[PDB]
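Here, ouabain is shown bound to IGG2B-kappa 40-50 FAB (heavy chain).
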Amino acid sequence: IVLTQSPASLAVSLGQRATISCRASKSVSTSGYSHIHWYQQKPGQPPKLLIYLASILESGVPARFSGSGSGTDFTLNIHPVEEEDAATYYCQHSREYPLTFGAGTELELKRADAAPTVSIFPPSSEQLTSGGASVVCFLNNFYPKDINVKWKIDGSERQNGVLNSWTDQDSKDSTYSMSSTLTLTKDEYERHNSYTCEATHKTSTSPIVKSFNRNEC
Amino acid sequence: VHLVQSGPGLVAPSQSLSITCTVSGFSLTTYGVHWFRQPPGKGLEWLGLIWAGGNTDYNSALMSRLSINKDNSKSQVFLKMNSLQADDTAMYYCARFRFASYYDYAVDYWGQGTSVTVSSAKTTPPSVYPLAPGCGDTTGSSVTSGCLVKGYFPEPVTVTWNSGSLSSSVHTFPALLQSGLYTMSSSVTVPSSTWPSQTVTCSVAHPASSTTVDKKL
Ligand SMILES: C[C@@H]1O[C@@H](O[C@H]2C[C@@H](O)[C@]3(CO)[C@H]4[C@H](O)C[C@]5(C)[C@@H](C6=CC(=O)OC6)CC[C@]5(O)[C@@H]4CC[C@]3(O)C2)[C@H](O)[C@H](O)[C@H]1O
Ligand SMILES: [Cu+2]
């Protein structure tokens, strides 16, 4: 068969209800049993079974998860969506072989805006020994996700050779964190002074700034 | 460990793969084992099932290229995949099949997975560089520290703080393929005490190369 999940992404504030759908190409229902399953794959773990045979709950998964449906149309309800469910959701039929999955519906929990705590790091001694220099900035615990960092080197000289990586949504508080690595050669790190990490995020017109001066080289 | 698979790392194209799934807390005498894989960033995919009585069902597609076989006494299922292509790069998971009757079954427990990268390249160990606030500011009551892990191949890597004791305020920034190699980083925030003379450490274990280096900050 082939399973179609909508929405592909979803954001719902706490206490709300979220409704993942899943429609099949064919009636995955033989007699009164809808052969479909629902899995929660948190950010970087294996899948956790939530519901089997469309409605039955897996022991342990809390009762705010509900599965409903017949034939072609199926639905997972999560209410109240608590911070802990910021994960990706799959449905799988087992009506026939092969056992196909639907594409995944990501849930993103809406939350109040939170501004970043920027941190700036020199390169290690060990790195410079390999002839290279990395300057690292952790922009941590902000919401929403959209942030754009800039590297200012020595004067309002900007740079390229930047690596930027975002963590997925934290399951305790619904924040994001970011890592930005400017990677220079030692032999050019060495002949400059100021390195700024200037972050610009919704919570202020003013970019946040962290910066260090190469201190006794 | 309830289900754990080993098989791993880098396997060059056209060669064969065997991932061994070791079950615990049940026996193959009574339980089926599915194999699934997840190709990086996209959907989960079913490979096949070996039922209780050593019986097998395969995803007609991969069909020709794989076999699954159990040694009931040893509590291991083994998946043999031959003529590896580069899109078989995937996370490989083994899962338990609780079957009671056609109206009550579940794919209920999942293995952690193992990462298999099909490519003609050679593994490359990471370089680990500690990142500590170096220009002295009276860092409040919390300080951030980081570990930068650079240039490894293939994935995965595991970065733990003081061997696993601190996994409180640990952020793990996902990995970025840069020029054929991966880089990643993790930050931890500890109190302004639990840093200086408490001595922090990230322990990076890069399986494929059998690197397990601990860098002291
Ligand atoms: C009593 C019996 O029950 C119904 O038939 C059943 C047998 C057969 O038809 C199938 C479809 O092929 C079987 C199939 O064989 C094995 C499975 C693929 C297997 C797996 C799940 C998983 O995850 O891994 C493997 C467990 C159930 C399964 O999912 C399906 C369920 C749909 C069903 O339709 C149900 C009818 O009522 C029938 O007429 C009557 O004989
Ligand atoms: Cu089809």
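Naming convention: chains lettered A, B, ... in sequence-line order (proteins, then strands); numbering from 1 in each chain. For ligands, and for the atoms within them, numbers begin at 1 and follow the listed sequence. Below, each value reflects all heavy atoms present in this structure, side chains not excepted, and no hydrogens, waters or symmetry copies. If you're wondering, the header gives X-ray crystallography, 2.7 Å.
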For ouabain, which ligands or chains should I point to, including every copy? ligand 1
Help me out: which other chains have any heavy atom nearer than 4.0 Å to ouabain (ligand 1)? A, B
Which residues form the binding site of ouabain (ligand 1) when counting heavy atoms under 4.0 Å? A:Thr30, A:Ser31, A:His35, A:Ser94, A:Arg95, A:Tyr97, A:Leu99, B:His34, B:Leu49, B:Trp51, B:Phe97, B:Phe99, B:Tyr102, B:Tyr103, B:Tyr105, B:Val107
In the PDB file, under what molecule name do you find chain A? IGG2B-kappa 40-50 FAB (light chain)
Just wondering, where does the PDB say chain B originated? Mus musculus
